[PDB]
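Drug present: huperzine A.
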Amino acid sequence: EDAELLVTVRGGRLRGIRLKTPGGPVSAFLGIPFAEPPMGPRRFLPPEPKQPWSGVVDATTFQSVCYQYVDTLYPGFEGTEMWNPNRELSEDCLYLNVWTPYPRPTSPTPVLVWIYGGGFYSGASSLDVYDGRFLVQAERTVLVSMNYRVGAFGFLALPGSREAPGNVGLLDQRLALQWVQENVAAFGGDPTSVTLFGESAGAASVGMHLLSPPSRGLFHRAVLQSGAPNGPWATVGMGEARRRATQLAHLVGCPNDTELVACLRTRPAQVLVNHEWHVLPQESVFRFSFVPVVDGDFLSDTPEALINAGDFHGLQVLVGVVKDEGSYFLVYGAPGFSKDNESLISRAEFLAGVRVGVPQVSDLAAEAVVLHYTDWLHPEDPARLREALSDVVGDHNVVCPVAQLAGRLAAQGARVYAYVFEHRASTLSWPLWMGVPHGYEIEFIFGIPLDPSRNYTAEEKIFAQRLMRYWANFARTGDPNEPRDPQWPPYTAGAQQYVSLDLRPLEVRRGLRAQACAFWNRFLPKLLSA
Amino acid sequence: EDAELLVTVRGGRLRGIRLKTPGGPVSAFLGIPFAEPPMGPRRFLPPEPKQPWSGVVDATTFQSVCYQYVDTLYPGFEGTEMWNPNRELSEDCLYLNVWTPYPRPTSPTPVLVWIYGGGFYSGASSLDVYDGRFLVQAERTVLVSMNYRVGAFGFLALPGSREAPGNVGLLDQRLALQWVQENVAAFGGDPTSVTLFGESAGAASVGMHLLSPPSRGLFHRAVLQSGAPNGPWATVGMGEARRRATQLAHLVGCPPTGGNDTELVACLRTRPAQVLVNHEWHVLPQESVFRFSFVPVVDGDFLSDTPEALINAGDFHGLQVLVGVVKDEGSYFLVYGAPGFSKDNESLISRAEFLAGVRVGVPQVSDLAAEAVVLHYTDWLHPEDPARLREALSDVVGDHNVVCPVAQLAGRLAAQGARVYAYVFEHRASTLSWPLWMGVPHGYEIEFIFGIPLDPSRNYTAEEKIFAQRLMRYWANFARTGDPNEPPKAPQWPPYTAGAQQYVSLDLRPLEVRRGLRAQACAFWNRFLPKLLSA
Ligand SMILES: *[C@@H]1O[C@H](CO[C@@H]2O[C@@H](C)[C@@H](O)[C@@H](O)[C@@H]2O)[C@@H](O[C@@H]2O[C@H](CO)[C@@H](O)[C@H](O)[C@H]2NC(C)=O)[C@H](O)[C@H]1NC(C)=O
Ligand SMILES: *[C@@H]1O[C@H](CO[C@@H]2O[C@@H](C)[C@@H](O)[C@@H](O)[C@@H]2O)[C@@H](O[C@@H]2O[C@H](CO)[C@@H](O)[C@H](O)[C@H]2NC(C)=O)[C@H](O)[C@H]1NC(C)=O
Ligand SMILES: C/C=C1\[C@H]2C=C(C)C[C@]1(N)c1ccc(=O)[nH]c1C2
Ligand SMILES: C/C=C1\[C@H]2C=C(C)C[C@]1(N)c1ccc(=O)[nH]c1C2
Ligand SMILES: *[C@@H]1O[C@H](CO)[C@@H](O)[C@H](O)[C@H]1NC(C)=O
């Protein structure tokens, strides 16, 4: 019996598994329960702490994936399938995973906590691209990742009601962070050095923990990759959440909040999932049905409001974006777009595309978008129209909300580092026109290129090692920089400096799409208020 | 008596004068009466045709400048005083000038008609920079220029009333054009080949003659230099013209506000000219630059609808137009009110001065509209750089008032039947007295078009004399053929169209073809901003 793979936590005893990497072994504890199964009467409710167990919990394999929609846009295509559930779906899904060096650290080790981010409707800690073994081995941190409820199960809200208060998937995350505070020391982790990192909806999640005081005491540093809590997709108003929840009930044969939720509770999980997309108010891309709601509780105000009012002295943040944030989303509803052609669209498609990529705004607001994103010397060139609509969706949804967050945080006391990730993976299965799409820096951060059975280049492995070092440096010291030899400067509202991350050495540049983001962040809100 | 200097027009006999020019003699008939003097009871009224006369009228020197405000911003400074009256002020000013080759052409010769344009408030055909002798000598055309009423005397309007119907200054221009039709043949001119050209308010005037059917039959081609009838300064609505007229009257004691229109106008008619002028600038709704108190009014008469509407509804087949701007349309205007600006320093302004200047340069729009201007003209990587801010405010004023109105006109005309040629004038005269930061300001292509550098008493470089000859050739070629191109191996000037949007750079180097008249900027002013003002 291997003693390194036996751990006792507050709830009881666990048995882990030894994992191999090209650099040596790692200890892994997978499928550790942190909450009571949120089933039956517990669907839509805040998570309850896992009651203590007797015996030894088998923690050698990933647990079930939280019930969610399965992407069938391109059946059998790696580009979409790598994000789909790779374990059975279940509402009994509140488990987390701990990876630690082998043998276990005998002294307090810095902790990284990963939050996955498929638009709050999808994701799992078990996805191959989130394999913690390489980061933990190379950088000697403790890595934790958790499953949290998504879609209706995590975010359906009838605001004010006790039966479906909203944001429960976020509370799942907070519970797991509490679990980390109380139990990570048993693995060698240092609960006084916990860095949150997340991508997309996971990045929005991290930002939300920053702005919610009960969570703020559970970690120390934050990394937000291609996502921000002030994103136009990341929250929904009380009224619109109530309407979406109400339409879901109607669509599945249910009728008073109590009676409505009770009837929803009798429905099979899959039935809810089958009608998830139908509650959106219009055809769109980069919009999701069930997301965090501003209700006065978890978020006492809108993320924008909470951001502007915040004192962020003592906070270090790492934020950044990929080179082509918008491209991926275009194939899910923008007219003329497909991974299977050049997607060289026409002006008319571009214009219809703008209403899809910027849904629910006035005709005037749309016209303003078209003004800023048209090259009036080349108003009808298909290649430029393709690039421009990608820019619209990417700026509006990701780049500009991240830039706004970064600027406010920097100006209000936080030390901020910003990056643009510009490397297109040699193994990327998406077409060349998509460039470096959303989500495709993650495999480098997790050091997936070090996996021998995969086809990455020697250069790419070295690059992955650089990135793991930046991320782990940040977790350890709040500063990604290595000892001097080209330096990564902090981002500030004025100088707006960030670095490019690719195969070349760090290059320092200015402005996260400053011209475009002035529009989304300064002008467009004024317009919409009148 | 010299037979070349004697001419009989419908109204009676004329005696002219023989002018020396560096390249030979020209006949000039200066100060020909074309209307009865708009004096006393005729103030604010449409012009009456000049009654025939017995004997010989001496047309041998320029007549009076129409009563107007005199620029006192920089007393003594050549850059401003070159535009100031160089004859006595008088309401007796309805005189035109004709220059013809010596000896008088044997066969009918194409005619250029010049219209000056100091914002509808100033200007005169007598200005040194409008001397027609050099054009006529170089290119053997006939040149005509006229004085027309400016300021209140030309454009004060109480819409609806017979006593001050508005647009009488434009009626002055039209009467002169009618005169050209009836009389220019007597000077050897061809009434079937008349090309109008004007700069600033003159350009806008030319545009209005294009959009007003009774004027449209009096000419065949048009040249609009740094102005357009659709500019935000060039017309005013009926209600705003009434408000301005009424406040002027009120400021000078009429009546002893509003009331009977006939009575209010009768009271205004008893006021000395200079009294009206002293209060001209006071009727503007806010502090501004590039805004003028009394301008053409959309009356439903001379202009049946807004120039924008008329341009859009127009069929312009069989029309040739030459349009253009200088390199720095906005700079001249900034020293007349934009905080931080002066000809006497670098005008390196602060961000706060920039924001304030935006409201001066784009007066009377919503805060939201102003915010939109700030958005498009701020460089968000250098939002506070003084030099960039100075240039940005210049571009705001130039784009909003000149470049974008001209581009909109040019695009609509081309798409609706007209052959259009477009230019940007990029030479800064060696003799320019304005500071270097102003670049090539509004109005500074004129001296080259008229061939002023050929004047021996002036100190232009030899290159500039070559340049002037080139421009005079383009202008006259256009007058003659409707096409500025030489009727060889010289680079060609292509038509401007809505799609390719091609134009030429006019400077000391040969023609260079380019695309887009500030296209990104002008999409904001011409396509977006109006949608914002509605909603
Ligand atoms: C590129 O493809 C899009 C998407 O269409 C799908 O993918 C293609 C590879 C092919 O399998 C199509 O038949 C698929 O429907 C094309 O946009 C569609 O065009 C069809 C007509 O062929 C039209 O009925 C649909 O409405 C369009 N779908 C969308 C997403 O708008 C597009 O024409 C292709 N562009 C090219 C040819 O460059
Ligand atoms: C540049 O000049 C402007 C205009 O001021 C005038 O011109 C100067 C050359 C100098 O001769 C001044 O005395 C003139 O009054 C300056 O702006 C003015 O600043 C003063 C107070 O300092 C103020 O009373 C005026 O209202 C201002 N005028 C305007 C139109 O803003 C400006 O400060 C000068 N820039 C410099 C020196 O950097
Ligand atoms: C590019 C693929 C993506 C990214 C964003 C979203 C919103 C959905 C997605 N399929 C997905 C699904 C699950 C997940 O964990 N991350 C992501 C990231
Ligand atoms: C650059 C100087 C100008 C230009 C525009 C205006 C409006 C006034 C001005 N002083 C002026 C005055 C009289 C005139 O005939 N033209 C002009 C052109
Ligand atoms: C205005 O006053 C005059 C002066 O007597 C008068 O003749 C005229 O009819 C009046 N017009 C109107 C419309 O009141």
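By convention here, the chains are lettered A, B, ... following the listed order of sequence lines. Since chain A takes its numbers from the PDB entry, the residues it shows come out as 4-258, 265-494, 498-542. Using the PDB entry numbers, chain B covers 4-259, 262-492, 495-542, in order. Remember, it's 1-based here, ligands and their atoms both numbered in the order they're listed.
For huperzine A, every matching ligand or chain, copies included, can be listed as ligands 3 and 4. Lab note: main contact partner of huperzine A (ligand 4) (name per the PDB entry) = Acetylcholinesterase.
Going by heavy atoms, the other chains that come closer than 4.0 Å to huperzine A (ligand 4) are B.
Source organism (PDB) for chain B: Homo sapiens. Atom 1 (C) of huperzine A (ligand 4) has B:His447 O, 3.2 Å as its closest protein atom, hydrogens excluded (heavy atom only).
Atom 18 (C) of huperzine A (ligand 4) has its closest protein heavy atom at B:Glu202 OE1, 3.7 Å. The protein heavy-atom contact nearest to atom 9 (C) of huperzine A (ligand 4) is B:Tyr337 OH, 3.7 Å.
For huperzine A (ligand 4), the atoms lying closer than 4.0 Å to a non-hydrogen atom of B:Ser203 are 5 (C). Among the UniProt-annotated huprine W-binding residues of chain B, those with a heavy atom closer than 4.0 Å to huperzine A (ligand 4) are the following: B:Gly122, B:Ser203, B:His447.
Proximity to B:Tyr124 (heavy-atom distance under 4.0 Å) selects the following atoms of huperzine A (ligand 4): 8 (C). Per UniProt, the active-site residue of chain B found nearest to huperzine A (ligand 4) (heavy-atom distance, rounded to 1 Å) is B:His447, 3 Å. Atoms of huperzine A (ligand 4) lying under 4.0 Å from any heavy atom of B:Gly121, numbered from 1 in the order shown and given with element: 6 (C), 7 (C), 8 (C), 11 (C), 12 (C), 13 (C), 14 (C), 15 (O), 16 (N), 17 (C). Close contacts of huperzine A (ligand 4) with B:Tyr119, meaning ligand atoms under 4.0 Å from a residue heavy atom, involve 15 (O). Each of the following atoms of huperzine A (ligand 4) lies closer than 4.0 Å to a heavy atom of B:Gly122: 7 (C). In chain B, huperzine A (ligand 4) lies within 4.0 Å of these UniProt huperzine A-binding residues, judged by heavy atoms: B:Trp86, B:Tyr133, B:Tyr337. Comparing B:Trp86, B:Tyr133, B:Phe123 against atom 15 (O) of huperzine A (ligand 4), the shortest heavy-atom distance belongs to B:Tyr133. Close approach of huperzine A (ligand 4) to B:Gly126 (heavy-atom distance below 4.0 Å) involves ligand atoms 13 (C), 14 (C), 15 (O). By chain and number, the binding site of huperzine A (ligand 4) (heavy atoms under 4.0 Å) reads B:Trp86, B:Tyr119, B:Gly120, B:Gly121, B:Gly122, B:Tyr124, B:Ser125, B:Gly126, B:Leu130, B:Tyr133, B:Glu202, B:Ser203, B:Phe297, B:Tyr337, B:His447.
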